[PDB]
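Looking at a structure with imatinib today.
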Amino acid sequence: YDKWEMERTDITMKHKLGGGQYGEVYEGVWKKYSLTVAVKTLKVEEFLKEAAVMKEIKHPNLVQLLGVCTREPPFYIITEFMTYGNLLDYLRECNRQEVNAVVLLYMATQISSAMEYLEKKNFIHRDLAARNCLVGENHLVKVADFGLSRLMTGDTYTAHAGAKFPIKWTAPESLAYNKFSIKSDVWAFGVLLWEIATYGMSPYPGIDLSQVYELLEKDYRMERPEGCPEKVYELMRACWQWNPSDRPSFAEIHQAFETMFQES
Amino acid sequence: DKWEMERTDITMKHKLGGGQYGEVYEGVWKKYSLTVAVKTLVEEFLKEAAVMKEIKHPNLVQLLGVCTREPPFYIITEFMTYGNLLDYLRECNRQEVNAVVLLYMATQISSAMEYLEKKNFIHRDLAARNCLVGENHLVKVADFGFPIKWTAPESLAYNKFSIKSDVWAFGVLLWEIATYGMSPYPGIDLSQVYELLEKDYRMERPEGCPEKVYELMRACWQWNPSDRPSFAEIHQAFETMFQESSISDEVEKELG
Ligand SMILES: Cc1ccc(NC(=O)c2ccc(CN3CCN(C)CC3)cc2)cc1Nc1nccc(-c2cccnc2)n1
Ligand SMILES: Cc1ccc(NC(=O)c2ccc(CN3CCN(C)CC3)cc2)cc1Nc1nccc(-c2cccnc2)n1
Ligand SMILES: N#CCC(=O)Nc1nc(-c2ccc(Cl)c(Cl)c2)cs1
Ligand SMILES: N#CCC(=O)Nc1nc(-c2ccc(Cl)c(Cl)c2)cs1
C-alpha cells in the first residue's frame, strides 16, 4: 500500500455515473473535503496498470487521480469529478452566445497544454477526442481517457485490424500500419479542433467510413468550418500532414494558441 | 458559564449601521482592545443567546460573550469589517468581485447551511441582507431579525418551515448574488407570487449566471420540499465547482 491508498470509508458511493454510460464508474463524495468524485470499480492487471499510469500524471488540464482502494475487492480508482461532464455533449448543448469564440479558443489552448505535458513525459494518449474531455466551472477543460471503445455503441468505433477504432479520428499510419505515437495524437487533436469549431458535429459529415482512408491518402481534408478563424484552420491543416514528422509538436501548438489568446 | 462576562468589560460606542439592525452597537472588548458588535435590550433574547452558544463554524457569525444576569442584556459577536452582503454586492467593484468571487461567496454560505442542517437547526430568514463580509471576501451567515420573495410555498400556505424551506431561500439568495443584489421577481406583484409558483413560474436565469448554478437554483425551487437537494448536496456541488473555477483562474493567469 503506497501514499495513494485511501480508506474506503472516506468515500460515500452514491450511484453509477450516468446510468452506465461510463461502465463501472460511480459518482461519490470525498467526505472530509465535501468534494464530488468519480470512482471506477473493478467488476485486474490492466486496472492496476491504469492506476500506476495516473500516479505519474499531474497537470491542471488532465484528470487528476485522488486515491485508490486496493486492500480488498472491489478495487477503486478515485478521480476528481467535473461539473459539466464530457466536452462533446457540452458543445452540443451549450449556449453559444455564452460559449463564444474566445471560450472555444480557451478550451483548445487548455487541451494543447495537457497534450504538451503528455508529450514532455513520453506518453501517448491514443484516443484523443471531445468525448474523452471533461468540462468544469469557469470553462475548465481536462483531458481524460474513459476506455470508450468498449463502452460506446454505434458507429464511433468500428472493427478494424481486429480491434475497435474511431476511424474518423485515426491518423493514416495508425489505420494502415497500426503505428501510434505522439504525432498520431496531433492528428486526432486536429480533428478535436474541428469538433470544437463546429460545436460538436460528427467529422467528415455525410461521408461513409468506407471512403475515409482513400480520401485522406488522396489529400482530401475537411474544409474550414463556418466561423472558424483562418489561423486556427491553418493549425488544423498542419495537424493533418500525411507524414507524422511534418506535423507540429504539441509544444508548438500550445505556443501558437498562447500567442492567439493574449492577442484576443 | 464560560460565556458570561461583565457589562463593564465592554465599552459601548454608537449604534451600528444607522440603527438598521436595531439595538446593535459598536463596542470595544477592553481586555483585548477589540472592536465587537453588541446586541442589547424578552426571553427570546436568552433563547437566541442559548442557541448561539451551540453554533461554531467558519461561516457563521461567532458569539464572543453574553451578559444575561441583570438588564441591560448583551449578546456580543465578532465585528465584520465590510458590513452586510447585500450592500456589499450593490456597491462593489465588479471587476474585483467577479464570477470566481461570487462563486466563493455562494460556497461559503452553503457550507454554513450544511452545518445548520447537520445540527438540526432551521434558519427561517436566509437572504443576502442577513450575511456579513470580512477580509478576503469572507462571508458569514447571521440572523438580524414574511419576506414573501424568499419564502417557500409550503411556508406561505401552511406556515411550515424546515431546512428545506431554507433551501428554497438559498436559491433566492443565489439569484441575489448573481445579480449583484437586485430585488427578486422584478416588477411582479408580491400578492400573486404564490399562485405563480404553483403554476410553475420561476425566475429566469440571470445574465452571466453559470448554467450549473442556475440548475441548482431551480432545484432549490422545486415545489415539493422533498424534491429539493440537501445543503450537503448543495455544498458538495459548490466546492466541486469552486475547485474547477480556481484551477481555471490560475490557468488563465498563467497564459498572460
Ligand atoms: C474514475 C476515473 C478513473 C480513471 C480515469 N482514467 C483516465 O481518465 C485516464 C486519463 C489519462 C490516462 C493516460 N493514458 C496513458 C496513455 N494511454 C495509451 C492511455 C491514456 C489514463 C487514464 C478517469 C476517471 N474519471 C472518470 N471516468 C469516467 C467519467 C468521469 C466523469 C464523468 C462526468 C463528470 N466527471 C467525471 N470521470
Ligand atoms: C450582535 C449580534 C447578536 C446576535 C446575532 N445573532 C445571529 O446572527 C444569529 C445567527 C444565527 C442564529 C441561529 N438561529 C437558529 C434558529 N433560527 C430560527 C434563527 C437562527 C441565531 C442568531 C448576531 C449579532 N451580530 C450582528 N448583528 C447585527 C449586525 C452585526 C454587524 C453589522 C455590521 C458589522 N459587523 C456586525 N452583527
Ligand atoms: N456556430 C458556429 C460555428 C462557429 O462560429 N465556429 C467558431 N469556431 C471558433 C473557434 C475559435 C477558436 C478555436 Cl481554437 C476554434 Cl477550434 C474555434 C470561432 S466561431
Ligand atoms: N452582467 C452581469 C452580472 C453577472 O455577470 N452575473 C454573474 N453571476 C455569476 C455567478 C457565478 C457564480 C455564482 Cl455562485 C453566482 Cl450566484 C453567480 C458569474 S457572472
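Alphabetical chain letters, starting from A, follow the order of the sequence lines given. The residue numbers of chain A are those assigned by the PDB entry, with the residues present covering 251-293, 299-519 sequentially. We're sticking with the PDB entry numbering for chain B, so the shown stretch reads 252-292, 299-402, 420-530, in order. Counting starts at 1 for both ligands and their atoms, in listed order.
Within the model, the positions assigned to imatinib, copies included, correspond to ligands 1 and 2.
Short version: main partner of imatinib (ligand 2), named per the PDB entry, is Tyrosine-protein kinase ABL1. Other chains in heavy-atom contact with imatinib (ligand 2) below 4.0 Å, by letter: B. The set of residues with a heavy atom less than 4.0 Å from imatinib (ligand 2) is B:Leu267, B:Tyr272, B:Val275, B:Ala288, B:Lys290, B:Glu305, B:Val308, B:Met309, B:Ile312, B:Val318, B:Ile332, B:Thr334, B:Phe336, B:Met337, B:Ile379, B:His380, B:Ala399, B:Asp400, B:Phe401.
Checked by distance only, imatinib (ligand 2) and B:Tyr272 stay at 3.5 Å or farther apart across all their nitrogen or oxygen atoms.
The distance criterion of under 3.5 Å between nitrogen or oxygen atoms is met by B:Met337 with respect to imatinib (ligand 2). Regarding atom 30 (C) of imatinib (ligand 2), its nearest protein heavy-atom neighbour is B:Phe401 CE2, 3.9 Å.
In this structure, chain B contacts imatinib (ligand 2) chiefly via UniProt domain Protein kinase. Atoms of imatinib (ligand 2) found under 4.0 Å from any heavy atom of B:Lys290, numbered from 1 in the order shown, are 1 (C), 3 (C). For atom 13 (C) of imatinib (ligand 2), the nearest non-hydrogen atom of the protein is B:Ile312 CD1, 3.5 Å.
The closest approach between imatinib (ligand 2) and any UniProt active-site residue of chain B, by heavy atoms to 1 Å, is B:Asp382, 6 Å.
Covalent bonding of imatinib (ligand 2) in this entry: none to a chain.
Ranking protein heavy atoms by distance to atom 33 (C) of imatinib (ligand 2), first place goes to B:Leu267 CD2, 3.6 Å.
Here's the thing with B:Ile332: none of its N/O atoms is less than 3.5 angstrom from an N/O atom of imatinib (ligand 2). At the top of the distance list for atom 21 (C) of imatinib (ligand 2), counting protein heavy atoms only, stands B:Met309 CG, 3.9 Å. Atom 6 (N) of imatinib (ligand 2) has B:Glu305 OE2, 2.8 Å as its closest protein atom, hydrogens excluded (heavy atom only). Closer than 4.0 Å to imatinib (ligand 2), one finds no other ligands or ions. Proximity to imatinib (ligand 2) (heavy atom under 4.0 Å) is shown by these UniProt ATP-binding residues of chain B: B:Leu267, B:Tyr272, B:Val275, B:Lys290, B:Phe336, B:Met337. Residue, atom and distance of the protein heavy atom nearest to atom 18 (C) of imatinib (ligand 2) are B:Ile379 O, 3.1 Å. Here the heavy atom of the protein found nearest to atom 8 (O) of imatinib (ligand 2) is B:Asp400 N, 2.9 Å. The B:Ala399 neighbourhood of imatinib (ligand 2) comprises atoms 8 (O), 10 (C), with distances under 4.0 Å to a heavy atom of that residue. For atom 24 (C) of imatinib (ligand 2), the closest heavy atom belonging to the protein is B:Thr334 CG2, 3.4 Å. According to the deposit, the organism of chain B is Homo sapiens.
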Tabulate distances under 3.5 Å between N/O atoms of imatinib (ligand 2) and N/O atoms of the protein, writing both atom names on each line.
residue	atom	partner	partner atom	Å
imatinib (ligand 2)	6 (N)	B:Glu305	OE2	2.8
imatinib (ligand 2)	8 (O)	B:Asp400	N	2.9
imatinib (ligand 2)	17 (N)	B:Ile379	O	2.8
imatinib (ligand 2)	17 (N)	B:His380	O	3.3
imatinib (ligand 2)	25 (N)	B:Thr334	OG1	3.0
imatinib (ligand 2)	35 (N)	B:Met337	N	3.1

